[PDB]
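The next PDB entry has methotrexate among its components.
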There are 2 protein chains.
Amino acid sequence: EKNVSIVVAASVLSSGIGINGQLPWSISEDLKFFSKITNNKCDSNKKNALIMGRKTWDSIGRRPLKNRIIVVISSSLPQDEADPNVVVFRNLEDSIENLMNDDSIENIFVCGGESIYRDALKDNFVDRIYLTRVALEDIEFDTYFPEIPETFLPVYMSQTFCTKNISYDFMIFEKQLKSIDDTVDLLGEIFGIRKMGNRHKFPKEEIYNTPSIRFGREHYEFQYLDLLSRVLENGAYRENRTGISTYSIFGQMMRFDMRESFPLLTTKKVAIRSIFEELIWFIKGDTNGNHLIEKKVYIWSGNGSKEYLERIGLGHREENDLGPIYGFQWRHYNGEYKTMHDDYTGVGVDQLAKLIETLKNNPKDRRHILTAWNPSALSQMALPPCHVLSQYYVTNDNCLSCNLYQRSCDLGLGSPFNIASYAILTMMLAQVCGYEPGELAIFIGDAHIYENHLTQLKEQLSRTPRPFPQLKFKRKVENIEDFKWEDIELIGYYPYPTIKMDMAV
Amino acid sequence: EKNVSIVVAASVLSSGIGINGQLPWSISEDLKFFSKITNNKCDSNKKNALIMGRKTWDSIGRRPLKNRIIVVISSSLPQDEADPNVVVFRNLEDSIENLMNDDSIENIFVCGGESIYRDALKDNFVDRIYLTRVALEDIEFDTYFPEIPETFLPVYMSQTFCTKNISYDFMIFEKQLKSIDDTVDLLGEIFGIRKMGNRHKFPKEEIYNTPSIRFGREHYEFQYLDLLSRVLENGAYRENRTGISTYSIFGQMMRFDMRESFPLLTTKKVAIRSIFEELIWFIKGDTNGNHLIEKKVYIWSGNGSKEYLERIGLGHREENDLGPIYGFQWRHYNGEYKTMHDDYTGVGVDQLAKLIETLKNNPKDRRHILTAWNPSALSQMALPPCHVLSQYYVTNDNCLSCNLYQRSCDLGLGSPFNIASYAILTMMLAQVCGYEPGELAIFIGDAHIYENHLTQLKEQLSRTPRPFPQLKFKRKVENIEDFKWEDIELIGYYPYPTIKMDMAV
Ligand SMILES: NC(=O)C1=CN([C@@H]2O[C@H](COP(=O)(O)OP(=O)(O)OC[C@H]3O[C@@H](n4cnc5c(N)ncnc54)[C@H](OP(=O)(O)O)[C@@H]3O)[C@@H](O)[C@H]2O)C=CC1
Ligand SMILES: NC(=O)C1=CN([C@@H]2O[C@H](COP(=O)(O)OP(=O)(O)OC[C@H]3O[C@@H](n4cnc5c(N)ncnc54)[C@H](OP(=O)(O)O)[C@@H]3O)[C@@H](O)[C@H]2O)C=CC1
Ligand SMILES: CN(Cc1cnc2nc(N)nc(N)c2n1)c1ccc(C(=O)N[C@@H](CCC(=O)O)C(=O)O)cc1
Ligand SMILES: CN(Cc1cnc2nc(N)nc(N)c2n1)c1ccc(C(=O)N[C@@H](CCC(=O)O)C(=O)O)cc1
Ligand SMILES: Cc1[nH]c2nc(N)[nH]c(=O)c2c1Sc1ccc(C(=O)N[C@@H](CCC(=O)O)C(=O)O)c(Cl)c1
Ligand SMILES: Cc1[nH]c2nc(N)[nH]c(=O)c2c1Sc1ccc(C(=O)N[C@@H](CCC(=O)O)C(=O)O)c(Cl)c1
Ligand SMILES: O=c1[nH]c(=O)n([C@H]2C[C@H](O)[C@@H](COP(=O)(O)O)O2)cc1F
Ligand SMILES: O=c1[nH]c(=O)n([C@H]2C[C@H](O)[C@@H](COP(=O)(O)O)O2)cc1F
């Protein structure tokens, strides 16, 4: 018995692999990945056999690959005994004689050919599958990769990488000490909630997104999905200011990469425009909710309504005057707030300006902090800061990383919007200060799920993640307040259908 | 061949197991652990054999244990053929006939007897060791547990549990798929710093605290030690405001249990008194450094000196006037600071009082937040807030959990002090509001190690952790500012010797 793995780069959705006898993309990192994954061996006296179709053999210019033996499947190509590195077989089955004979082969790889892939799956010869998903679908294909049968299960999903503004992943599909575990279980039986391990139980398979991927959960959307599962598992059913109770856990975190991708969820279509518009609405220090409604953004409607304002003791306030909320504390901290129409120029502390100036004039500083929690202004605010305080960090390789603490997190609505918002903000601060995006760490206090989002989020958990999109700015601005929606280019975003969820006012 | 494990509860330091023919402690959880770990089996048709000394057999009142076969080692006790659950052998070697014969035995356990333990180790018959470390040493022993030979390695260390104010651990000593790993390594070779996984490399064995414990690192001091290893591994060498450069990483966290223990480091003797004194110094809202110095606490000496103050542009300030720092922002937020001698009573916003009142009048609130970051007062402060913002959470079972965000962390000096300080603070807030301590999560921004603490911390990493101590209050106070050092009782703290490290001014 010898291992036979499949290596293939297909598109994310339609699984296209070629067009007009060639690849519909040019990713050097992918070809390098193929090279290293096919050259991987233990015995130095052995080589790896590469099975490919005749047309694929024509595609590579009919030239052998070093340290490997290319096996060409063709009904016309003569058995060339000249080249000792290339061999031709009449059928796929006979080509796999490497098992019974020729001990100079350590591993067998199916490298390409839809006609080859399909009958390599149909006749069941494949043990492992190395799938390289590529994020582009608005192009033309003529050669596709056959749908993976249910006999295979994903065991690995790498982070999203970027080459020429193209997002791509690396996945592995597999055909499928006791003492410590037993001891921990026993301690979990003796001590109940006393044992902290029992307070943080591992999510069950029924609510675990892609359960088959256990040790290879490298994709950073899992940082959010596994959190969703954790709140779904250990979430204490508790009440709150709203009539809708939540299942809540305390003390969590999510990590994200922004260098090679953009942390925008693919399991659900997220309204990016509203996120950006809200972000620049903050940056300007604007507190007028109507300005968001005029631009068809209704995320501050429920927390802005006259009824809600009169209910929280702000009946004197205008229809959509949210008060000294986010942005007003960014640009005018400790500034005496009157109405949303007043001109607060020069008043208060401009945290954003000092933040930028400190970021570019003193990068290795440890005080790059933007806060929104003002005890003196909390009573005037329509809604206390959820994404409370953020800190920024300039790495040695000129990258900008962002940490955000969030006191309360709506994993259904608030969370993705926050992730994307601070990602975009980090990118803006990066471009303005002349840096590159780095990492985004979000530390969550009260991580909760509303009881009216149960079926929806459980539906979202039933979706296997896709590679993160890319976010590029079309122009470089001099002032951070000059960003426009037309200046934003979102590349390679192919998410699952949107999920309608109601906001608890 | 059959597995032979040793089960033993010994003291943490001198490894005492008995006194005057009985146990020097009474822990029901420990005896229950013994019962479950000795009753653990696969075959229902088989039983487990329990080998013990004659004196141990006398200790249990000479009564058999259910579902187990007790093997008594004695040169005087007659071979009782009456009881089929108890059997007597003349020597330990002959006693291990359970291997060659009697297939009705599935596992073999050495349950007690120093005379038995010592020659069970000396003749090498033991495969596994279940050690229950107990935290008390100021008592009398007459029977000890022999020192574990180098042939054994720890693979597990449970969290610290508490019974009758006694701390204890559960440890296991053992006598000692590739595809995903290969793929990740290859991707790490192709992509360099581009791959985020390579930016967060797993610490090397040379700087990994107790490397043998891989999957059983349950002890929560590992939350700090593994962080130390991570910064020691991936730490970017960068400069700062002080002349001493640091190795720094960004975005980390540490979790801690406070229900069954107290997160005070045992790998280094931490000055708990200074921590507490600083804490109540904060609670009172005092900014006078001398008040801390008068009580022989010199942690705020360097950041208070006249030279340092004049250097940071505060030459007008008195010898130890630290300005609107911690406590002043807790009790008098946005209060105009003059000197440390002025009476700031009634002025500013009392965050702490409102925090307590909200905690006891509305536990399920999501705004339980105490902040210290005030942009308007940063220029006056001798040192901007490191432990910036904290949030508190009242669980359904009336427990108090605490989250703390820290912008900058000195893993040598500041970190343990912060952990212990907010732990004690959480306990105080728990008692005052009528709750019990829960969990402590610390989210760290700039986690760094000063270059003059290298050899010291590398020395600290060479010490295998001991169970966390216990913290009990001797009296219940009506006001949180009424806490005294005499009211604090630290039980079972047996740490490694102190490690002298200098503070970078
Ligand atoms: N993204 C990726 O990883 C890869 C993409 N590609 C792309 O896909 C395309 C190639 O795939 P495709 O269009 O399907 O062409 P194929 O490479 O699959 O053609 C295979 C050839 O092998 C011979 N052959 C196949 N099956 C049999 C059989 N059962 N018995 C005898 N001979 C057989 C035939 O040659 P003959 O005429 O002699 O009978 C056939 O033309 C190209 O555009 C290529 O660039 C290719 C490889 C990898
Ligand atoms: N903390 C823990 O987990 C445990 C603690 N303990 C404590 O330890 C103490 C008891 O241990 P200890 O004092 O060492 O006494 P032991 O338990 O080791 O019993 C020793 C007896 O076993 C017989 N024996 C021992 N070795 C031999 C041998 N090589 N050949 C023949 N017979 C042998 C002898 O009995 P004989 O007189 O017939 O010759 C001897 O007196 C108690 O205080 C007990 O409470 C005990 C078990 C567990
Ligand atoms: C047409 N074709 C098939 C092809 C293309 N992309 C793929 N991409 C993936 N992820 N998997 C495949 N099996 C795959 N196959 C090609 C084209 C070029 C090379 C190639 O040049 N390989 C060199 C790469 C050289 C290098 O980057 O160092 C090697 O040494 O293996 C291989 C296959
Ligand atoms: C004297 N002695 C030896 C003893 C005491 N403490 C230990 N503690 C540890 N961790 N390990 C040991 N091997 C151990 N042995 C004892 C004393 C009581 C019981 C005992 O009561 N066993 C019951 C436990 C009943 C229960 O608590 O539920 C059982 O069912 O096995 C066992 C051994
Ligand atoms: C400002 C605010 N107040 C909230 N109160 C509760 N209970 N939960 C919240 O998330 C919030 C928020 S932030 C927020 C973010 C996104 C939305 C939102 O529109 N979510 C929907 C629709 C998005 C859209 O198309 O605009 C979704 O993502 O599926 C809303 Cl209502 C509020
Ligand atoms: C207040 C302050 N200022 C700091 N500046 C830098 N660069 N680093 C820091 O950790 C700090 C701190 S916090 C702090 C905490 C404990 C101590 C401290 O005295 N540690 C001693 C033990 C405590 C004692 O007995 O004083 C030690 O670990 O050897 C000090 Cl100096 C400062
Ligand atoms: O960015 C946001 N993210 C978020 O999750 N919320 C939710 C969290 C909470 O469920 C609700 C109200 O906050 P509070 O917990 O103080 O009632 O708003 C609000 C935001 F602005
Ligand atoms: O509780 C504390 N913990 C701590 O780690 N520091 C250290 C962090 C930093 O290395 C130094 C000064 O902070 P900054 O980064 O602003 O120089 O004080 C200070 C405290 F008060």
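The first sequence line is chain A, the next is chain B, and the lettering continues from there. Heads up, chain A uses the PDB entry numbers, so what you see runs 3-178, 193-521. Note that chain B is numbered according to the PDB entry, with residues 3-178, 193-521 shown in order. In listed order, ligands and their atoms are each counted from 1.
The parts of the structure that belong to methotrexate are ligands 3 and 4. The chain sharing the greatest contact count with methotrexate (ligand 3) is, according to the PDB entry, Bifunctional thymidylate synthase-dihydrofolate reductase. Other chains with a heavy atom closer than 4.0 Å to methotrexate (ligand 3): A. Applying a heavy-atom cut-off of 4.0 Å to methotrexate (ligand 3) picks out A:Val9, A:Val10, A:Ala11, A:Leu25, A:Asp32, A:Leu33, A:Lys34, A:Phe36, A:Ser37, A:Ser61, A:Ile62, A:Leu67, A:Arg70, A:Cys113, A:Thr134.
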